[PDB]
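Bound state: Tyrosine-protein kinase ABL2 + tozasertib.
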Amino acid sequence: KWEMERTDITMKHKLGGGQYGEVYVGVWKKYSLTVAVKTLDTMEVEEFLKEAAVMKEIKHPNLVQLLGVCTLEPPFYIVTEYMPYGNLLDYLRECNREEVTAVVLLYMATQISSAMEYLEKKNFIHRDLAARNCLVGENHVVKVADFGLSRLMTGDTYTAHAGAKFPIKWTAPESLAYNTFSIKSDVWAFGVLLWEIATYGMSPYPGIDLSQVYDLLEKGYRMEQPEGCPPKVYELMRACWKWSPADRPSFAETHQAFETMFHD
Ligand SMILES: Cc1cc(Nc2cc(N3CCN(C)CC3)nc(Sc3ccc(NC(=O)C4CC4)cc3)n2)[nH]n1
Ligand SMILES: [Cl-]
Ligand code: NA
Ligand code: NA
């Protein structure tokens, strides 16, 4: 149903400086439409198709939309709607802060909590929430992307395979310690994502030794409040980093808090 004919797309240039896979900007000739195209021998086919598959099952204004697949023969294609301003981390880092103000940061957070409220409702789990995995478009629209590790959950947790390796700065302690992933682990990451946004794209736990992060977190260390970050947003941010997953807010609560702030 989603399959398309590779001949349809014209591939113009490579897109990402090598950081996101083999992704090129594409022009769908017959529909006159700019699109992105992720392509894959690179023994990662199993996991590419898994990705192509999950994007068929989800649809939200703040999640990057699949337009079509070529997954009948190689090279395999993933054709998504094109976000002309790229990933959020570099956007924040390169933006004009007179244009991207505190209001715009709040808007970006609200839109992401929207995407995550929807996955939470769908009992899906993203597993790689971070500014580098969000994309920016016209009028400061932000959309969550990169669903390679995403899953529909059979119950309330998913256990990663032995020896899986994770981005530690974004990973919840129970995920580091017990390979346990849940919507509450996605909430932990969201918090770190909020800190990335608050700081216009700074690196979390700057200059800390990764092998000390768990240790520090268990002893209670958490990242300090960024300058300009409002107290309510910092309180919410800290809520996402509660040790016990149960004590963390839901994505519904979080989104309610930002929609309210976005008004007041
Ligand atoms: C998916 C997507 C990506 C985009 N747009 C862009 C745009 C972009 N830019 C490069 C630098 N200029 C200055 C800004 C635009 N760099 C990337 S880098 C990039 C490429 C691919 C993916 N992810 C996927 O293709 C998989 C999830 C389907 C993420 C980031 N993606 N539109 N839609
Ligand atoms: Cl790339
Ligand atoms: Na961590
Ligand atoms: Na905390």
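The first residue of the sequence shown is numbered 1, and numbering continues consecutively from there. These values consider heavy atoms only, across backbone and side chains, with no hydrogens, waters or symmetry-generated copies. Just follow the structure's listing: the first ligand is 1, and inside any ligand the first atom is 1.
All instances of tozasertib are found at ligand 1. Grouped by UniProt domain, residues of chain A touching tozasertib (ligand 1) are mostly found in Protein kinase. Nearest to tozasertib (ligand 1) among UniProt active-site residues of chain A (least heavy-atom distance, to 1 Å) is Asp128, 10 Å.
With non-hydrogen distances under 4.0 Å, the site around tozasertib (ligand 1) consists of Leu15, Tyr20, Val23, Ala36, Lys38, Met55, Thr80, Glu81, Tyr82, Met83, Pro84, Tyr85, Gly86, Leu135, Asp146.
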